[PDB]
Amino acid sequence: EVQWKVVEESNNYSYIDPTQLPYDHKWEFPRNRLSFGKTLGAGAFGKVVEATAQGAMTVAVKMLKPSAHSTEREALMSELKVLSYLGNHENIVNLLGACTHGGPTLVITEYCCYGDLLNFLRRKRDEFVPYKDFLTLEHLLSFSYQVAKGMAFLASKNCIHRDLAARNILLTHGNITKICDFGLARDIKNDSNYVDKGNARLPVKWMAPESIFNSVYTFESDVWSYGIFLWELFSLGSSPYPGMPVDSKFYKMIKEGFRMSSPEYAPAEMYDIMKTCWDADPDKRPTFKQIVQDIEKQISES
Ligand SMILES: CCN(CC)CCNC(=O)c1c(C)[nH]c(/C=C2\C(=O)Nc3ccc(F)cc32)c1C
Ligand SMILES: [Cl-]
């Protein structure tokens, strides 16, 4: 299941069972104060809908479809539990409330009015200018910085995203980016950026080699995916390894050290970050804390 995980020291780390996390009923919000509007996204067993919450503000509500298995209802509760455990950060999509009694489970989160960053980059591409409502290099550096800060936050809570990519970054007012976990509000069997692997469907072009070939997911594999995200960002939304099918040839190239070339709009210091994120040795990749400091220096030099 493609979703984030909280880990605990064991093994090195093992996933926690999120059903065992506590749920504080302080999050409880009266269901009668929600007015539901348009659907923003929909998986096979769930969906996220724009809503108005009186006591008015626009929010996003995650909920199950009526055909949901009993393990899906628990899964949505576990989503709520993980969000409550993580706490609040500017660069994640934050929990605002929940409805857990008197009806089906509703998870109320922040609404990001511009949608996912990938599609935003793609429709802004032909107006982009490196320097001077155009998208500029200043914005891209800001987005890189914010996603690094959000990931540093998740890592500090022992959380591994496992699917970091521009499609999972949302954009809201003030050019603020927020990391998201679609969970039951997305069906990946649709999306060609996921690839069949055994029983699983996986975002192979974003994954570290040790995740693909050894099923190892760590703080360090998230850094690999962040490097792929940077490439998406400074390519203005191009698909990674463009024109290369995922087959045995692709896997061999990754294993033997093949990497993407620099996007034409990436500053050399940002391509330097990408390259270190894609070190075959996870111990040689930077931490998100290091990445934050490096990008802070570039913005200062800007
Ligand atoms: C296909 C691109 N289209 C624009 C050109 C669609 C635009 N994209 C949109 O409208 C959109 C908006 C405005 N919000 C979301 C998603 C979420 C949001 O806001 N909070 C969440 C919390 C959890 C979650 F799992 C998803 C969301 C979308 C897809
Ligand atoms: Cl910021």
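Following the PDB entry, chain A shows residues 554-563, 566-610, 617-693, 762-931, kept in their order. Only heavy atoms go into these numbers, but all of them, side chains included; no hydrogens, no water, no symmetry mates. Atoms within each ligand, like the ligands themselves, are counted from 1 in listed order. Determined via X-ray crystallography, 1.5 Å.
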* To do: Identify the macromolecule bound to ligand 1 in this structure with the most contacts, using its name in the PDB entry.
  => Mast/stem cell growth factor receptor Kit
* To do: Tell me which of sitagliptin, taniborbactam, sunitinib, tavapadon, prazosin sits at ligand 1.
  => sunitinib
* Asked: In this structure, which residues build the binding site of sunitinib when a heavy-atom cut-off of 4.0 Å is applied?
  -> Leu595, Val603, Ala621, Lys623, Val654, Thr670, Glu671, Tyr672, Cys673, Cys674, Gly676, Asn680, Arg684, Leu799, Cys809, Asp810, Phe811
* Asked: Mind checking whether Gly676 has an N or O less than 3.5 Å away from an N or O of sunitinib?
  -> no
* Which sunitinib atoms are under 4.0 Å away from a heavy-atom of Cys673? -> 12 (C), 13 (C), 14 (N), 18 (C), 19 (O)
* For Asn680, take its heavy atoms, then give the atoms of sunitinib lying under 4.0 Å from any of them. => 1 (C), 2 (C)
* Is there a nitrogen or oxygen of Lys623 sitting under 3.5 Å from a nitrogen or oxygen of sunitinib? -> no
* Asked: Taking UniProt's active-site residues in chain A, which lies closest to sunitinib and at what least non-hydrogen distance (to 1 Å)?
  -> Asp792, 11 Å
* Asked: Which atoms of sunitinib are found less than 4.0 Å from any heavy atom of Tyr672?
  -> 13 (C), 19 (O)
* Atoms of sunitinib close to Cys809 [distance to a heavy atom under 4.0 angstrom, numbered from 1] -> 23 (C), 24 (C), 25 (F), 26 (C)
* **UniProt domain holding most chain A contacts with sunitinib** => Protein kinase
* Under 4.0 Å from a heavy atom of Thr670: give me the atoms of sunitinib that qualify, with their elements. => 21 (C), 22 (C), 23 (C)
* Asked: Which UniProt Mg(2+)-binding residues of chain A, if any, have a heavy atom under 4.0 Å from sunitinib?
  -> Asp810
* Numbered atoms of sunitinib (with element) below 4.0 Å of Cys674, judged on heavy atoms -> 13 (C)
* Contact atoms of sunitinib, heavy-atom distance to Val654 under 4.0 Å -> 22 (C)
